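In the model that follows, one finds L-captopril.
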Amino acid sequence: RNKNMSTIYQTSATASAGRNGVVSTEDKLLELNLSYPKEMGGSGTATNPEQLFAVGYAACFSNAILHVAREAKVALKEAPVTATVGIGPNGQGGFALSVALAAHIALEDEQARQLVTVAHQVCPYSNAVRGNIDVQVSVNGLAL
Amino acid sequence: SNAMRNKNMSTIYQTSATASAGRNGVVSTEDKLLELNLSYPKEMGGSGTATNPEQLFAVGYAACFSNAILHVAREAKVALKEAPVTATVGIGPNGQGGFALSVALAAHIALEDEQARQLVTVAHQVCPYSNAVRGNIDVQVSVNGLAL
Ligand SMILES: C[C@@H](CS)C(=O)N1CCC[C@@H]1C(=O)O
């Protein structure tokens with residue numbers, strides 16, 4: 001489930017001032033300023049690793065749903081996904097993420113459900129956090 | 001996996017983003033601090049002209065891990081001006097019909113030997129990304145070119 005058996009795509013990024021400086025892909029396709037959010041005492045003038053994870057997870061899960069749709073020959077124009085990410089202490093000295101994913105799919109409900117369930121199985125963010133984060137997944141307003 | 005080490009016991013910060021992905025996708029945070037175009041990479045049947053979830057994961061994990069190192073150096077009163085971290089992320093098939101990420105974290109800091117190992121080991125226990133992927137991804141962590 002967890003082994004990447006043959007790398008199809010590889011990328012890299014470098015940061016040096018943690019949550020409060022610049023971060024960029026080594027190809028420079030993506031170059032971003034980061035700052036602490038207001039909730040953490042910062043300026044909120046820029047993004048942060050929690051928002052990045054939300055953006056990337058929403059995008060990965062949306063890609064995943066469209067992937068499965070293509071494979072099932074289901075014509076889906078869009079697969080909007082809202083990802084909500086929280087961060088707090090884990091009580092052992094570190095920090096942990098909590099995640100909710102809300103998918104909105106123009107299909108009959110049982111069908112949408114099946115599709116999104118398979119997508120959650122195949123999505124590499126989902127495989128990455130499986131058993132660590134209990135990702136709360138819903139499809140068209142209903143929890144899976 | 002370890003569920004327990006991943007209980008968010010009380011939320012300090014919460015954020016939301018909505019993506020409509022694909023070949024011409026878009027994602028934006030609820031508050032628009034971040035609005036991005038998405039594409040599949042050229043390696044994956046796309047145009048590779050905008051970003052993608054692996055790049056976003058790499059930028060996020062690199063920043064998170066750099067911060068984790070500075071955080072532990074601060075607590076330990078070890079003077080670091082900075083903590084360069086390169087995060088390398090790959091995606092490929094898993095053999096069960098899905099996809100998996102592979103990740104390396106390469107730190108380059110002004111501290112060595114067992115002290116640096118101890119410090120970066122601590123940073124890797126506390127970083128939320130590392131706790132999210134523990135046991136699933138075997139994150140290859142190195143400091144100053146050497147295995148953690
Ligand atoms: C660039 C990646 C998004 S992480 C992708 O296009 N896909 C579609 C196939 C693998 C993966 C997925 O989400 O399941």
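Numbers restart at 1 for each chain; the letters A, B, ... are given by sequence-line order, proteins then strands. Read the numbers this way: they start at 1 and go in the same order the structure lists the ligands and their atoms. Per the header: X-ray crystallography, 2.0 Å. In what follows, every heavy atom counts, from backbone to side chain, and hydrogens, waters and symmetry copies are set aside.
The largest share of close contacts with L-captopril (ligand 1) comes from the chain named in the PDB entry as Organic hydroperoxide resistance protein. Other chains whose heavy atoms approach L-captopril (ligand 1) within less than 4.0 Å: A, B.
Near A:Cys60, with a cut-off below 4.0 Å to any heavy atom, the atoms of L-captopril (ligand 1) are 4 (S), 13 (O). In summary, the atoms of L-captopril (ligand 1) found under 4.0 Å from a heavy atom of A:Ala64, numbered by their order in the structure, are 13 (O), 14 (O). Ranking the protein heavy atoms by distance from atom 9 (C) of L-captopril (ligand 1) puts B:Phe99 CE1, 3.8 Å first.
Of all protein heavy atoms, the one closest to atom 4 (S) of L-captopril (ligand 1) is B:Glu54 OE2, 2.8 Å. The protein heavy-atom contact nearest to atom 12 (C) of L-captopril (ligand 1) is A:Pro124 CD, 3.8 Å. Among protein heavy atoms, the minimum distance from atom 8 (C) of L-captopril (ligand 1) is reached at A:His67 CB, 4.3 Å. The entry names the source of chain A as Vibrio cholerae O1 biovar El Tor. When non-hydrogen atoms are compared, L-captopril (ligand 1) lies under 4.0 Å from the side chain of B:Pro53 (C-beta onward) but not from its backbone. When each atom of L-captopril (ligand 1) is checked for a heavy atom of B:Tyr40 under 4.0 Å away, the hits are 6 (O). Residue, atom and distance of the protein heavy atom nearest to atom 7 (N) of L-captopril (ligand 1) are A:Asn63 CB, 4.3 Å. Applying a heavy-atom cut-off of 4.0 Å to L-captopril (ligand 1) picks out A:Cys60, A:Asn63, A:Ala64, A:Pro124, B:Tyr40, B:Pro41, B:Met44, B:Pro53, B:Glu54, B:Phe99.
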